[PDB]
Each structure stands twice: as structure tokens, then as C-alpha cells.
Participant: 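Below is a structure containing 17-DMAG. Please help me interpret it.
Using the numbering of the PDB entry, the residues shown for chain A are 9-223, in order. Whatever order the structure lists them in is the order used to number ligands and atoms, beginning at 1. Atoms considered below: every heavy atom in the structure, side chains included; atoms not considered: hydrogens, waters and symmetry mates. Technique stated in the header: X-ray crystallography, 1.8 Å.
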Amino acid sequence: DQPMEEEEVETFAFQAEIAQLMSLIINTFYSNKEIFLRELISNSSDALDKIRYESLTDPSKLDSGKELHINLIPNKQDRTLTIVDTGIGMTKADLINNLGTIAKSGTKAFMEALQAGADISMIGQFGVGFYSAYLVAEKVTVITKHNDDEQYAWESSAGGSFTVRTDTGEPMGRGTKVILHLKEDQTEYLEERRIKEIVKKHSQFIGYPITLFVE
Ligand SMILES: CO[C@H]1/C=C\C=C(/C)C(=O)NC2=CC(=O)C(NCCN(C)C)=C(C[C@@H](C)C[C@H](OC)[C@H](O)[C@@H](C)/C=C(\C)[C@@H]1OC(N)=O)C2=O
């Protein structure tokens, strides 16, 4: 009736500088942590620009979702804030290579900038804004579905490694879901008023609709 299923999980080590950056971010006392949302929203916009670009030539790539938008979903019960987009999504290699193992010139440049007095809010200018998620999350789970590929789950609690596996959770439409498992002292980002506030303050001019789902 219920034959056991089996799944192989792959664990990778973050490139040295990325691990260093995550450590700095996850432990920082920075007082303007709210910019994490702006960074994740900008990432979704980039993903949306990319699927839109592909649709310019191949309209069928939108069959998996014609609406290009961003959804924000807070969950107080399991203390998570999820940012979902119907962007291009990522392949398994996209996750393994571009979300952890391959060095990014911006990583060291950003840490050097901070040492030179830069502000953490500038992280996006160095192309490593995703990692700002750890300003408020103790763990980040990235669920992604690229056209013509399976759904994958990337996950890391910033202990120097991250995992990647074929997702067996709820199937999602094309796009990416960044699930922020918030730190116990950062639950304010689960509140409707707070979310509205930071979206209006840092992400009012986005090229795609953004919707907050409550209840
Ligand atoms: C975890 O989610 C993001 C993946 C990696 C992001 C990382 C490492 C990060 O910190 N910042 C980046 C933001 C980007 O927009 C971004 N896009 C290229 C350049 N324009 C912005 C100017 C990159 C480079 C690279 C990882 C893109 C992804 O590659 C599979 C993919 O091409 C794109 C589509 C994927 C993303 C931006 C993903 O976001 C969503 N929502 O899909 C960055 O590094």
C-alpha cells in the first residue's frame, strides 16, 4: 500500500569567501536588517525579466504560468516569510554552481568594501544580496521549478554547507520560492503592517506586481 520512497541528498560546501560572508551576515548586529526583502524582491524581478525575455522568442515557455509576479507569504505558525516569484526558476546546476560553490568576485569585493567602511545595505551592488537573507533567517530553504526540469529544494542553515535534492514537497508552478525560517528575534517580519512598511520603503518601483497574502 505504501512502498517506501528513496531520495538522495547532496551536500556541498560553500565557496570559502561565501562561507565567510554568511558568517559575517548571520552574526552581524546591523540595525537595518529590513533590506533583506528588497534584495530578495530584486532577485525575483531579475528572474521574472529572464523568463519574460525567453517568452519574447518562445511564447510556450509561459505555458507554466502566464502571470509574472511576486507573492509574499508570512506564516506565524512555523515562523517563515516566503517570497515567491513566477520567474525563470533554476536548474539543479544553477543551484549547485550559482547558489554556493562557484566563487563570485563580488563576495570578496563586498567584504573589502565593508572593511573600507561600506554599508551592508550595499550588498546588492556586489551581486551577493541573496545572502542578506541570513540577516533575519537562521535557515533558508529555496524551492525552485524551471521549465523542462524537475522541482528542486536547496537549503542551508549557514553552517558552511547547503543541501540540494529533488523536491518531494508540494509541487509549485514555474518560479522560485525563498522560504525564510526567521530567527526568534526577527519575527516582526511576519506582521502585515511591517511587511507593507518595508515594501513601500524599499521596493515601491518594481517592474512586476507584488502581492501580500494574509490569513
Ligand atoms: C536564490 O535566488 C537567486 C539565486 C542566486 C542569487 C545570488 C547568489 C545573489 O546573491 N544575487 C544575485 C542577484 C541577481 O539578480 C543575479 N542576476 C544577474 C545580474 N543582474 C542582476 C544584473 C545574480 C547572478 C546569478 C546567480 C543568476 C542566477 O543564475 C542561475 C539566475 O540566472 C537568476 C534568474 C536567479 C536568481 C536571481 C535567484 O532569484 C530568483 N528569485 O529566482 C545573483 O547572484
Participant: Which bound partner of 17-DMAG (ligand 1) is the main one by contact count, according to UniProt?
Facilitator: Heat shock protein HSP 90-alpha
Participant: Give yes if a backbone or side-chain nitrogen or oxygen of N106 is under 3.5 Å from a nitrogen or oxygen of 17-DMAG (ligand 1), and no if not.
Facilitator: yes
Participant: Among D93, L107, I131, which one has a heavy atom closest to atom 41 (N) of 17-DMAG (ligand 1)?
Facilitator: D93
Participant: Among all protein heavy atoms in this structure, tell me which lies nearest to atom 19 (C) of 17-DMAG (ligand 1), with the distance rounded to 0.1 Å.
Facilitator: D54 OD1, 4.1 Å
Participant: Among the heavy atoms of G95, does any lie under 4.0 Å from an atom of 17-DMAG (ligand 1)?
Facilitator: no
Participant: Number the atoms of 17-DMAG (ligand 1) from 1 as they appear, then name those within less than 4.0 Å of a heavy atom of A55, with their elements.
Facilitator: 34 (C), 40 (C), 42 (O)
Participant: Nearest non-hydrogen contact with atom 30 (C) of 17-DMAG (ligand 1) belongs to which option: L29, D102, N105?
Facilitator: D102
Participant: Under 4.0 Å from atom 23 (C) of 17-DMAG (ligand 1), is there any protein heavy atom?
Facilitator: no
Participant: Give the contacting part of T99 toward 17-DMAG (ligand 1): side chain, backbone, both or neither, where contact means a heavy-atom distance below 4.0 Å.
Facilitator: neither
Participant: At the 4.0 Å heavy-atom cut-off, does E47 count as touching 17-DMAG (ligand 1)?
Facilitator: no
Participant: Which chain residue and atom does the model connect to 17-DMAG (ligand 1) through a covalent bond?
Facilitator: none
Participant: Using heavy-atom distances, let me know which of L48, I96, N51, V150 sits nearest atom 34 (C) of 17-DMAG (ligand 1).
Facilitator: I96
Participant: Identify the binding-site residues of 17-DMAG (ligand 1) at 4.0 Å, heavy atoms only.
Facilitator: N51, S52, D54, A55, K58, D93, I96, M98, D102, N106, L107, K112, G135, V136, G137, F138, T184
